[PDB]
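In what follows, a single structure is set out as structure tokens and then discussed.
Going down the sequence lines, the chains are called A, B, C, and so on. Going by the PDB entry, the residues shown for chain A are 1-440, listed in order. The PDB entry numbering applies to chain B: residues 75-143, in that order. Following the PDB entry, chain C shows residues 2-358, 367-439, kept in their order. Not the full deposit; the contacts listed refer only to the portion displayed. Side chains included, hydrogens not; waters and symmetry mates left out as well; all remaining heavy atoms used. Indexing begins at 1, ligand by ligand and atom by atom, following the structure's order.
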Amino acid sequence: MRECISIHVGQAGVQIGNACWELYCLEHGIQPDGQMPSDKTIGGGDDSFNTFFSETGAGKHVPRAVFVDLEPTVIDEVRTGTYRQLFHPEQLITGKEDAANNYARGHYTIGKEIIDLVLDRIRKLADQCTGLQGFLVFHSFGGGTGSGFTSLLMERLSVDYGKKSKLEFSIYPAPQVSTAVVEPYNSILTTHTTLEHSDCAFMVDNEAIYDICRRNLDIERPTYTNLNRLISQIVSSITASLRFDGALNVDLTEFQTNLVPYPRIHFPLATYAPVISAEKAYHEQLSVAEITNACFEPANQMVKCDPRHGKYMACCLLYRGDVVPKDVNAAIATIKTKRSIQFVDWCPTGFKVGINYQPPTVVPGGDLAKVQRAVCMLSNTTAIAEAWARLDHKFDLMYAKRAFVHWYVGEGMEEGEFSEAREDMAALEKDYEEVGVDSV
Amino acid sequence: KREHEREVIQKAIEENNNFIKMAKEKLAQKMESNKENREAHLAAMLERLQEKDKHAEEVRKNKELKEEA
Amino acid sequence: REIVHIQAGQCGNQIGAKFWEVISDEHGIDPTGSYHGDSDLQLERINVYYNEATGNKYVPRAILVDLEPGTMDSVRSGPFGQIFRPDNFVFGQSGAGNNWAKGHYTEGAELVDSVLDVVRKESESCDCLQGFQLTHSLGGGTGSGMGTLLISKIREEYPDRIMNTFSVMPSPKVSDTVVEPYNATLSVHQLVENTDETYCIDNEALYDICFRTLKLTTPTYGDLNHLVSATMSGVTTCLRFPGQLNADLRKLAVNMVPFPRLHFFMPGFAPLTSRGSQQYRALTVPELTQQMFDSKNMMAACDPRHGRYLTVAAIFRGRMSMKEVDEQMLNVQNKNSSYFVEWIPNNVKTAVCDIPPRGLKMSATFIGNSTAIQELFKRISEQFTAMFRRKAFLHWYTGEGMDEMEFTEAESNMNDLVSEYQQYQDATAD
Ligand SMILES: C/C(=C\c1csc(C)n1)[C@@H]1C[C@@H]2O[C@]2(C)CCC[C@H](C)[C@H](O)[C@@H](C)C(=O)C(C)(C)[C@@H](O)CC(=O)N1
Ligand SMILES: Nc1nc2c(ncn2[C@@H]2O[C@H](COP(=O)(O)OP(=O)(O)OP(=O)(O)O)[C@@H](O)[C@H]2O)c(=O)[nH]1
Ligand SMILES: Nc1nc2c(ncn2[C@@H]2O[C@H](COP(=O)(O)OP(=O)(O)O)[C@@H](O)[C@H]2O)c(=O)[nH]1
Ligand SMILES: [Ca+2]
Ligand SMILES: [Mg+2]
Ligand SMILES: [Mg+2]
């Protein structure tokens, strides 16, 4: 049992954290006050769920989590909401003044004022671990805190925990819900500076999620609450191998071995199914083959891009619920005889499969139907580079005129960091090209 | 073979330490470069405003030397 | 969080007073400072503009300034005149005489420290000061000259805070005073260097709206100011109510100002209907939207179709379909693509606040950073150089100690601003 610490940074990181930790509580039978009647070992234990929850002598199960934002109003709603008793007040950390959608303020001007306190509180969580496996960092690409402060924190964590593993859940911007013209700048800056401090990063495209809410759940104008409930289901599928045990369970680190062929190639595409409303799930059993096949339809991806037009380097299927290997193997044999799955030539083509038997949960008053089985596919495809190209193009359009650059220079940044970050992104796009060329 | 095993593990230790060290150093140089740049930007803003003040006192004593006629 | 509000001169104080009346009604504050409202959203962000005094009383964080006592005693006798902190009235008596140099260099320079004493008292009390908004005109002498002096001094003491102005631009259609082009040009020369964002409230456009669309043959300052106050309410909704977009002055500036000198905004409001058409015209999302983007609803006398938008914020208020707002805003951009610069992607942002202004079921407020604002500055520059060419009335200003060179420099700075707006209007992505 190796503990995982979650760090939720900025509004998007915090609000997605709210949705995730509420969902985890429901999945483990933990009440809003942290009591868990089914846990008979009081004040401690080595159970699977203890990777994410520590225990007090009073029977409280406490998330191994820190929430950090440079202004107080989002975290204040945690301090005062349904799950306020779950967290010790020192896990909820706020400044007074946010980063104003400016990476420079998140990484330097405002962030430098709070980083030592944050690392101190993280240290307090790490010291309660007997075998810390690593960190999970949640943040947006687009905000000043989510970009600048997260990059600062990732650098500092590399210094204080060596090469202890760091995974990211990264919210990639969409115009339907974006708040700042400069989000392409912040995105490229944070990607450049975090690239060598991250072991594996799950990008979540707000537009992919928004379209899935509109099309599959018939929500006419999704809010962050809609987006976040769906996101938390995907995050839950990815962490379920850490929080539950079972015979056919396969640890996330074992998928990681397959998902990262070179340190910089560490951005898996996630695809989740089934996403379906109560009204349509009624009397509609969705089988193993149906949800598996749904994994290969690009409308179900969390990042908009087209794997049909790139090459695979790995394909992983994380099943949960009522699923046995014979049905998985049959569905996979079907898909391989009919779909556009081309691997690079230097990679074996077998699909790696994990099954967790605990079935998916839904939050009361959500929009997803409660289903008997779900699957999250994690694949490593060259197509994810499309998401970089789109963002790089927006960056180029503005940077050619130095639009808004004075806001960054005023906070102490230099144009050279802009061009350095943009060159790193151009080299990343080329890396994704090179891995797809055939061997000579 | 034992000597090789010792060299492999000490190489791993040395690469992790050099990574920690270079991250530490480049962070500290970035923070200092940035504090200097920001302070220089503010100091130039302030110097412009203080020159405005000197021009205002110049304008007022100009008025008082032409009200001496 | 906290904004400190300053109103200077006659225009400054009259439009400031109407602003405080309108937003106090919106927030459920009565003239005694007491809250009598129905929705908790009225008090969630109330401390942005109000201090909480003993007795659960809310006091505008407002500072009232003039070199004459007249307008401010009118303020004190107004409907909400009792609401203001009495120590926050800072009037002189010599007056300014519609002379920028008097307001900036001599008489106003004598009152400025006394004003700064109240700003520090108000600022020291803030948990997290955002910055400052100043209401004033650019055509008189107190508001223009002393207002820009006060901007410079505040910036010297709070260089890392945002400086925002609501600046009323002079028009021959509304005022006779012939030195207004001088005062306006010297003001603009200051604003270009020392504010982060400026709302151009153009009296020319206010008149034209009142006369042509509202059909008031004799528009009062009272009718101009109802336009101004509805606009000011609109463009501060995002600071005053819970919301995601432009929710503070720095984030608004970061979204609106791609180049530090191009920070002059063209505001707009919808709906504006004549008594005659108010029975016919339906208040739909597609028509709020199309008005909001129309030359005739701009509070600045410029045609957006004569330049290009660098950035835009649109604020819808009232109960409406957000899906429909989304579709109409996409539709405006699609059908008018050529008028938004292609090298700033996604430069139109949209907010929706549930709480409509008083007397409407839904409204729309527009803030545009458009290279067509040069039309305004050109108009002032014309009227300036027609006088300066003949050195007309220069002696009011040399009489206070200024040289010709400051006039030349202000004219050249304003011409440079116009050139820069033109440069980015001509820029191409390729
Ligand atoms: C009712 C309305 C729009 C509407 C509702 S439904 C529909 C189809 N249109 C706006 C309200 C809006 O507050 C403004 C911003 C203030 C308007 C006050 C103006 C400045 C003059 O002082 C005033 C004497 C007017 O001229 C009238 C005609 C009464 C006014 O009614 C015009 C108008 O456009 N008013
Ligand atoms: N999916 C999702 N996206 C969000 C959420 N909140 C904000 N975003 C996205 O995050 C980006 C803006 O970043 P934020 O997280 O709000 O900003 P921040 O990290 O708090 O940084 P500052 O406010 O500038 O200090 C935009 O792309 C938003 O659409 C959320 O709850 N869920
Ligand atoms: N919109 C509007 N403009 C005004 C008002 N009062 C004065 N002005 C304009 O302001 C300019 C005169 O400046 P004013 O504020 O009266 O001079 P000050 O007292 O020295 O600041 C002229 O162009 C007037 O048309 C007002 O209440 N509303
Ligand atoms: Ca236990
Ligand atoms: Mg934030
Ligand atoms: Mg006057």
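PDB records name the drug found at ligand 1 as ixabepilone. Structurally, the greatest contact with ixabepilone is made by what the PDB entry calls Tubulin beta chain. Other chains making heavy-atom contacts shorter than 4.0 Å with ixabepilone: C.
Near ixabepilone, within 4.0 Å on a heavy-atom basis, the structure shows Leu215(C), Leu217(C), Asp224(C), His227(C), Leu228(C), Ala231(C), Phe270(C), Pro272(C), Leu273(C), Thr274(C), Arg276(C), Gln279(C), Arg282(C), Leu284(C), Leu369(C). Taking distance alone, with nitrogen or oxygen atoms compared against 3.5 Å, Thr274(C) approaches ixabepilone more closely than that limit. Protein heavy atoms are absent from the space less than 4.0 angstrom from atom 23 (C) of ixabepilone. With respect to atom 6 (S) of ixabepilone, the closest heavy atom belonging to the protein is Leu284(C) CD2, 3.9 Å. Scanning all protein heavy atoms for the shortest distance to atom 25 (C) of ixabepilone gives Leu217(C) CD1, 4.2 Å.
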For ixabepilone, which of its N or O atoms have a protein N or O partner closer than 3.5 Å, and how long is each gap?
from	atom 1	to	atom 2	distance (Å)
ixabepilone	9 (N)	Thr274(C)	OG1	2.9
ixabepilone	22 (O)	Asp224(C)	OD1	3.3
ixabepilone	31 (O)	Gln279(C)	NE2	2.5
ixabepilone	34 (O)	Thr274(C)	N	2.8
ixabepilone	34 (O)	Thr274(C)	O	3.2

